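Record below includes mebendazole.
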Amino acid sequence: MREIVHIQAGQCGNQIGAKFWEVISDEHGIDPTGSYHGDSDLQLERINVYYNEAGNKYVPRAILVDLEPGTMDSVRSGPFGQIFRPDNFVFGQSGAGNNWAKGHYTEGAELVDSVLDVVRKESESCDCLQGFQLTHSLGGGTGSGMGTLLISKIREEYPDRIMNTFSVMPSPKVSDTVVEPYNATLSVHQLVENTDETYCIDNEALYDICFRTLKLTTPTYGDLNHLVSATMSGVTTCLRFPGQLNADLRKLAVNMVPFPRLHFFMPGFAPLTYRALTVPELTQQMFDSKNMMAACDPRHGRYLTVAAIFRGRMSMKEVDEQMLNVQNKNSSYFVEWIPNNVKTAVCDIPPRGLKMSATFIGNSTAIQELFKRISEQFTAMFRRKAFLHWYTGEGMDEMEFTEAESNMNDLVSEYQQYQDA
Amino acid sequence: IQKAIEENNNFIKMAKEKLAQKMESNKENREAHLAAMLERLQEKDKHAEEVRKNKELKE
Ligand SMILES: Nc1nc2c(ncn2[C@@H]2O[C@H](COP(=O)(O)OP(=O)(O)O)[C@@H](O)[C@H]2O)c(=O)[nH]1
Ligand SMILES: COC(=O)Nc1nc2ccc(C(=O)c3ccccc3)cc2[nH]1
Ligand SMILES: [Ca+2]
Ligand SMILES: [Mg+2]
Ligand SMILES: [Mg+2]
């Protein structure tokens, strides 16, 4: 029945994950008690993809993970806190101290088996498991360190299941600690090996969008998260609602990932949130760099593949025409050796508070700008071995950092190979 | 994780030993300092016996 199993690790992961379930629970007519109260059977046609059916109640197939209880205690008392299965809250007490080694090797190792037990119980009750999705940040310790540990354990036990991630990349503009480039560099290599899709959500881009476009003088993490939950809703629209597409995770990945390591996507959304947008405006916005959440200029690279889903009632002859006009405008920014690498899909159901919207999924080589940014911040500290004691104190060796640095530089050069090809 | 356990245990071990050696070295030094002081005072007591003996002879 094409089930998906959702995991959210750490502070960031649980806070964007909670908002994701709030958004789609509303789209599917599920209330904070898990009871259906919608006006269309389309809301329920693919409800099983993300929800288990209990007293006619729908329970998210979601596992909430953290190494400290704070953020999950806040989720349990949040708006939709009661719909999550209580047994799927798996948390420790010591915290991860924004330390990848604590999440990946010490504190996280003590908790990981417990998480996998819940993952197994959820996977066992799946008629046909599509795969997994993980929400997390790469700049902390739990989501980054333990999240990538979980991904490695899940691939060992489920090697033939898709693993996709929504990964929040750190930025000095929106930063908690200076060690974030260390944690992100260590995590990226894990994702290079063990995920089929990784949506690169850059906090720098989310901030710039909140400040310059949405005119929010002082964005909060909550403001950044409204952009993420909205993007996640769109990216999963074709899996959750009937329409043109009925592809599972594997088929979606096959047509988007031409090379196994270049699976890091630049997501986008339009309209950025009374005048309903025209189709030309939706199309022009979702290709504008200002609507992209990776803080990479697509004009500095080339698209390997592009997928875009349009939601709402609209003329699709008009969308096809506009997609042609924007491709002509950006003709030199698409590789010429993957024919017909720009695909479009439709869903009649729009998201809440919008008559129509569009979600952009780009597999662009410009994403190398993000990895180069992280690599430069990494090296700035690693030249002087600054703040390394937090990691060597947990058993890590200098060599592991040198290898992560080289792996990052190899990833960047592989993108530059296909940007010139 | 084994390396982390080994480093913490080795730090605990070397501190326990470094302290045990400092506290014993200090005990010996203080005991020697006080022993030398008294030995000088006993030497004076002996010198006082010689003085009182030297008086008796003159009588
Ligand atoms: N978008 C977003 N980013 C967050 C949030 N909380 C923390 N971050 C980012 O995540 C990183 C800190 O990781 P965090 O999730 O707090 O650490 P963890 O709990 O150990 O996984 C930093 O780069 C923060 O900018 C959040 O609610 N939203
Ligand atoms: C839980 O993780 C995911 O949702 N992964 C994921 N990968 C995707 C790739 C493409 C699309 C589309 O909407 C689409 C639009 C037009 C043509 C073809 C596809 C949706 C995806 N969702
Ligand atoms: Ca412990
Ligand atoms: Mg935090
Ligand atoms: Mg066990």
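To find a chain's letter, count down the sequence lines: the first is A, the second B. What you see of chain A is 1-42, 45-56, 58-276, 283-360, 369-438, where the numbers are those given in the PDB entry. Throughout, chain B uses the PDB entry numbering, with the displayed residues spanning 127-185 in order. Just so you know, ligand 1 is whichever comes first in the structure, and atom 1 is the first atom listed for that ligand. Not the full deposit; the contacts listed refer only to the portion displayed. Just so it is clear, the values below take in all heavy atoms, side chains as well, and ignore hydrogens, waters and symmetry mates.
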**Message:** Just need the ligand numbers or chain letters for mebendazole, all copies if there are several.
**Reply:** ligand 2
**Prompt:** In this entry, what is the main binding partner of mebendazole, named as in UniProt?
**Reply:** Tubulin beta-2B chain
**Item:** Chains touching mebendazole at heavy-atom distance under 4.0 Å
**Value:** A
**Contact (N/O only, under 3.5 Å) between A:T239 and mebendazole** = no
**Asked** Does A:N167 reach mebendazole with a nitrogen or oxygen that is under 3.5 Å from one of the ligand's nitrogen or oxygen atoms?
**Response** yes
**Asked** When you look for heavy atoms under 4.0 Å from mebendazole, do you find them on the side chain of A:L252, its backbone, both, or neither?
**Response** side chain
**Item:** UniProt GTP sites of chain A near mebendazole (heavy-atom cut-off 4.0 Å)
**Value:** none
**For atom 12 (C) of mebendazole, closest protein heavy-atom neighbour** = A:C241 SG, 4.0 Å
**Prompt:** Which mebendazole atoms, with their elements, are less than 4.0 angstrom from a heavy-atom of A:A317?
**Reply:** 15 (C), 16 (C)
**Item:** Atoms of mebendazole close to A:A354 [distance to a heavy atom under 4.0 angstrom, numbered from 1]
**Value:** 15 (C), 16 (C)
**Request:** Pick one of side chain, backbone, both or neither for how A:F319 approaches mebendazole, counting any non-hydrogen atom pair under 4.0 Å.
**Result:** neither
**Message:** Residue-level breakdown please: for A:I4 versus mebendazole, do any non-hydrogen atoms fall below 4.0 Å on the side chain, on the backbone, on both, or on neither?
**Reply:** neither
**Message:** Only heavy atoms of A:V238, strictly under 4.0 Å: list the atoms of mebendazole that pass.
**Reply:** 4 (O), 20 (C), 21 (C), 22 (N)
**Asked** Of the choices A:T376, A:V355, A:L242, which has the non-hydrogen atom that lies closest to atom 4 (O) of mebendazole?
**Response** A:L242
**Request:** Would you mind running through mebendazole and noting each atom that sits below 4.0 Å from a heavy atom of A:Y52?
**Result:** 1 (C)
**Asked** In terms of residue, atom name and distance, what is the protein heavy atom nearest to atom 10 (C) of mebendazole?
**Response** A:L255 CD2, 3.8 Å
**Item:** Proximity flag A:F268 to mebendazole, non-hydrogen atoms under 4.0 Å
**Value:** no
**Message:** Could you tell me which residues in chain A that UniProt says bind Mg(2+) have heavy atoms under 4.0 Å from mebendazole?
**Reply:** none
**Request:** Between A:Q136 and mebendazole, find which residue part has any heavy-atom pair under 4.0 Å and reply side chain, backbone, both or neither.
**Result:** side chain
**Asked** What is the residue list for the binding site of mebendazole, using non-hydrogen contacts under 4.0 Å?
**Response** A:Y52, A:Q136, A:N167, A:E200, A:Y202, A:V238, A:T239, A:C241, A:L242, A:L248, A:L252, A:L255, A:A316, A:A317, A:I318, A:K352, A:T353, A:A354, A:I378
